[PDB]
Undergrad: 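Below are the structure tokens for one structure; questions will follow.
Below, chains carry the letters A, B, ... as their sequence lines are ordered, and counting in each starts from 1. Structure determined by X-ray crystallography, 3.1 Å. Atoms within each ligand, like the ligands themselves, are counted from 1 in listed order.
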Amino acid sequence: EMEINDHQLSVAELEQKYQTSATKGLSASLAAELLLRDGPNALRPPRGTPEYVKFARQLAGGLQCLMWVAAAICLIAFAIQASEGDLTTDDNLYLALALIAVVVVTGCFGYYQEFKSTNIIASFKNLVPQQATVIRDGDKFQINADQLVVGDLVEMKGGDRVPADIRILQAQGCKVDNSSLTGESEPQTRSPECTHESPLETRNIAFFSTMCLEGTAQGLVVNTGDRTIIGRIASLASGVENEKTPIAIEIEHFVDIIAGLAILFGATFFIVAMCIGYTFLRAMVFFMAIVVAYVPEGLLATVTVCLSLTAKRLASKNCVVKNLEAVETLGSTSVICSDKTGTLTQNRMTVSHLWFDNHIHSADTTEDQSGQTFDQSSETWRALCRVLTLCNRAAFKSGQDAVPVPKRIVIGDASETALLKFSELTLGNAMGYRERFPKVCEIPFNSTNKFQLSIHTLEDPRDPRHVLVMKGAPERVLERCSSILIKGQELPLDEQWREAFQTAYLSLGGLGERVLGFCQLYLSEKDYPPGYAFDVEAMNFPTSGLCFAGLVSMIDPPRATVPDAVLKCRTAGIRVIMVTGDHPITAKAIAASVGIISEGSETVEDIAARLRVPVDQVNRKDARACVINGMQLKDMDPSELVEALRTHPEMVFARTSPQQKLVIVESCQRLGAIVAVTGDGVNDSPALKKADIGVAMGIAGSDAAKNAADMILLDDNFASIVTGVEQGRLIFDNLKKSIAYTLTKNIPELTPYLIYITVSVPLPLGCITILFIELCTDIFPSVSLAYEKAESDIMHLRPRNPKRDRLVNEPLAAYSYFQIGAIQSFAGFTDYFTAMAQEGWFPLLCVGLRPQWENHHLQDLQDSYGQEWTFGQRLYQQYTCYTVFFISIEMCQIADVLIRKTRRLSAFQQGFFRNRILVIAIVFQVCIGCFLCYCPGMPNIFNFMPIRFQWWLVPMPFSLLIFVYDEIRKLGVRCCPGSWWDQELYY
Amino acid sequence: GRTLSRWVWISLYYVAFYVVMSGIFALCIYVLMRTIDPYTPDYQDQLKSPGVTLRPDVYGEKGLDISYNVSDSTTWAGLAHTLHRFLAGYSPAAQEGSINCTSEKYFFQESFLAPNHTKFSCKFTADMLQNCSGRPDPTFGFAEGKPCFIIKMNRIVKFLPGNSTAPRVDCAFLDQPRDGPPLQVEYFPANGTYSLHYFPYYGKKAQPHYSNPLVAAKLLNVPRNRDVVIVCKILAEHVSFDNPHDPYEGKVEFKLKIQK
Ligand SMILES: COCCO[C@@H]1c2ccn3c(C)c(C)nc3c2N[C@H](c2ccccc2)[C@H]1O
Ligand SMILES: *[C@@H]1O[C@H](CO)[C@@H](O)[C@H](O)[C@H]1NC(C)=O
Ligand SMILES: *[C@@H]1O[C@H](CO)[C@@H](O)[C@H](O)[C@H]1NC(C)=O
Ligand SMILES: *[C@@H]1O[C@H](CO)[C@@H](O)[C@H](O)[C@H]1NC(C)=O
Ligand SMILES: [Mg+2]
Ligand SMILES: [Rb+]
Ligand SMILES: [Rb+]
């Protein structure tokens, strides 16, 4: 828009373009005018979120679409029947009304389950408006950052948040944190000179969300609000349309199966209806009957509460998810793409190593102090720790004693802050310790002197002399050092040390680490007595011949729990890739420190430097690792991308644009993988949304990354992703356990209807009675399967193939529907005919008897014993065969739930009572089963009546038969993986 | 889907599975149809009180509504024809396989004495009604404006409606007390009784040639050109004649409008 040429202009041109002054700022009137014109200097939130339409979406989905269609068919069947003369029965209306009822109640459930997730992350957000020191009419005052307008004159300090997109005019050694926009963890230096043409890289532009680490600068605002570099990224991120979650994909797969079965049964049973002499209207009604039967009235409710429990499991570990669908994605995920700075690393400069006593000691870089510290015993250590504690001007903010030292806010420079938190950990009360040694002189960091120095009076009067402390660039402090402390003595700095010192300097420099040199000298109390007036212009104190103290190195280190979490995911079969904007060498360094690149793996650039061969000759397949920088990626082609993507498995991307992260995920999803991305900054927000699931850090995460994410890690504990997959992997297996349970019951309710059609026997089962089964008696046992523990070592299995391994498939549905529902159908008929014969009606009498049964005019119909029954009396007999078919289902279902406890292992192995919740659900299946029967008055409220205790036991043999049958099936497959049994009888 | 050689082997499994389950079903029904006694119901849990039927059984909506015009023979020709074809089995020529019952109390048969181990059954012929038999009036009183309505109960195995006296039907209006007198009926047999030697029923197999006892309600008092509602209650101890969920429990109500 306007920034492409902003930084390349002379100041005289800028104060013309924006009608401002480079030294005095805007006029108060014009600065107020520009605010109305361009709007506040802030970011447009998603401005399309009405509260009532978010409810509407919750009513869509694979099951909901089927549920609505089934409901609609009921009405247009009811209307078709009402015209043809049926007298005031509304099971059509009860069924359709209750069908939409679950779609509404589940919709309300999900709406609240995201309204709370979105409200608790809002509880975690800093909610004080950021400030901005602005100059207008030559007056430097502070106002809220949102009130800045294009062209304003602003100023910055250490710790100041950059208020807008600003073009640098003057800057005294100001460096800034670009980790949110770029992957760069090394502080970037800002200068008023045009470093580059691309405004992303040039040094004379400060970015909207960035942090000034040290120094001070002034400049003009060039773009504000959504027009900044940040705003355009979020505008891009919003433009990204997120794909549908794999779990929703899987359910949409089996509704295609249910309808495929439903219309087949309806049509094939409709074409036989005409062949038995049915009216074209009525026969079509039965077809509509069959399809309505095939839809599970309670499946949608059962699924959402299965996912509601695992969201509870993850929210228990400070892992909050927005929508229940994402709760399962991690278990399915096959590839992870992780931003480096902030996500993998702490994005916090910390002391990593030290050199003293001719040895490099590795410091503990963890935030919880869980790693290994160094040898804190030497005399030189106490001297080195003193110099780093004293020659440091940074300071902790007021009242932070409770929050951990790494997370403390410090007023100070980038390196001074790190050296401060170091001493506060190793010593404790560092700033109180250093106040025991008063200051008498100081020289802050300067270009002409090149170092920082301060002289201090000692602690006790027994030593009246003074101590001089200095720190700076290692090579510039050594030129002023004459001796070095080693092992309790002070040795002359001969040529042995100078060659041994620079090797360590260049040793730690190759790690990409910032390294500072330290030195000291004790001022003689005779040459420099107490009260000596040290002059700085005429340096009357030794700026040379110091005694070198040691070397301290600092780097942006990884987070504590990530270096092992990455290992636990690659052992789970997940291909992990790093995608960051930071420079390649720092990227590949962390890629090895965490486990992205294995111990003993080399990029092609590492073979040429080992075999001393030109990179052209180096064979490509021999390289396990490879780093692709952003510049080298643009000139590539999607066919090239897939070539190298699955040639080098340990892949790394560096210096990548936010779009270059988005394209990689697409190139991964286009190859069939389901990708999860973890990030914190705005440079991840676009790639976060397109991903099948987007993980965002709860603290380090930028707002755009947080908003465009599907899951939030509240405490920023990266190790909550590994537990994210097992709970995702568990539920996938625990769903196709629980899903198949509530699908088998569908056959036994349909089969009595379609023999009542073909055979014309008295109606064996009621329409309202199947509702109490689908919606009341079997939901509680159905959800208990979510509490099933892993049958295998679920964390060691490869990620499921999206094509073969499915939530349900032909082996699963065909077995459940047509083998166990078949056995259940016979328990119903067996318990139907006995209730008939034991009440007076023989089997061969019931065949074709239905037209007389429902005839309201036949009030003296003859039973097989000759007795004459009135319509209401035989209606009660119909209500009886309703409830004996009903109970015949339940006794088989208590054997169906247990046999679904495991899919491969025998129930005797893990035990029958592993699931405390499954049994307490089964007890309540029979408690209300005994209530609906023996409750007084229900014979007329519903179609349930108290059956005597003989018919309870009739279907029990079937329940044990299905116990053994699948036991044999499961037991047979586990002992022997049959080349016929595993593929067929296994679901 | 499956391979064309396992398609059939998979098919045989489902066939081999279905036949196993269907075979177990046939083994259960045959045992079931051998568990029960051919001469007596096992539970009969809803036949606590008997139901009552009526002829001519003609319904509009909402149940039995009977309106006819005495001058127009076509409005009642099919009413008597249903009565005539109903009583075709209540003739001596068709009711031969039954005996001359005059015991006047429960006909408790402890043993089966009849051809092919059958049992004795009582006789009830059309002449038991003396004016609603079809002779001398084949219009069954409809032409006179005094139509006969035959009333008969349902048969229940070994059910006893009381020792005290004969169960008698009692027809009347749903009270329209003041305007017009109460309904006057002459029942046949007189007093509207069912002889007690018709009880108890022992089963269609036990008594292959059994037939229900009947009484007729020759309506005499009904006015013409008015919609009236008649209820015919059975009056005995072991009979409940008012159950809201079965309006035909020991009672029959019907709409009647005789027009001239
Ligand atoms: C209950 O007494 C009145 C008859 O009720 C009908 C009915 C009855 C039983 N059923 C069973 C056991 C199953 C599985 N289905 C039905 C069903 N289905 C009919 C329908 C209505 C609307 C759409 C589709 C079908 C419905 O009218
Ligand atoms: C049956 O017995 C009664 C009573 O004696 C008698 O009136 C009737 O004529 C008898 N019927 C026959 C067919 O003998
Ligand atoms: C019944 O028939 C007899 C003999 O024919 C007759 O006297 C009597 O009036 C009839 N009863 C009625 C109510 O018509
Ligand atoms: C009865 O039928 C006759 C002849 O059909 C007719 O004249 C008379 O109006 C009818 N009665 C009524 C009430 O309609
Ligand atoms: Mg970042
Ligand atoms: Rb159903
Ligand atoms: Rb997403």
Undergrad: Give the name from UniProt for the chain that makes the most contacts with ligand 1.
TA: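 By contact count, the main one is Potassium-transporting ATPase alpha chain 1.
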Undergrad: Which one of hydrocortisone, soraprazan, iguratimod was assigned to ligand 1?
TA: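 That one is soraprazan.
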Undergrad: Other chains with a heavy atom closer than 4.0 Å to soraprazan (ligand 1): which ones?
TA: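 By heavy atoms, the other chains are A.
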Undergrad: Which residues listed in UniProt as K(+) binding sites of chain A come within 4.0 Å of soraprazan (ligand 1) at the heavy-atom level?
TA: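 Applying the heavy-atom cut-off to the UniProt set, I get A:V292, A:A293, A:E749.
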Undergrad: For soraprazan (ligand 1), which transmembrane segments of chain A, in UniProt's N-terminal-first numbering, have a heavy atom under 4.0 Å away?
TA: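 Per UniProt, and measuring heavy atoms only, that is 4, 5, 6.
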Undergrad: Using heavy atoms only, pick out the UniProt active-site residue of chain A nearest to soraprazan (ligand 1) and give the distance to 1 Å.
TA: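 Rounded to 1 Å on heavy atoms, the nearest UniProt active-site residue is A:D339, 52 Å.
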Undergrad: In this entry, what is the source organism recorded for chain A?
TA: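 The entry lists the source of chain A as Sus scrofa.
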Undergrad: Report the binding site of soraprazan (ligand 1) using a heavy-atom cut-off of 4.0 Å.
TA: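 Going by non-hydrogen atoms, it's A:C74, A:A77, A:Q81, A:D91, A:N92, A:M288, A:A289, A:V292, A:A293, A:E749, A:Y753, A:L765, A:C767.
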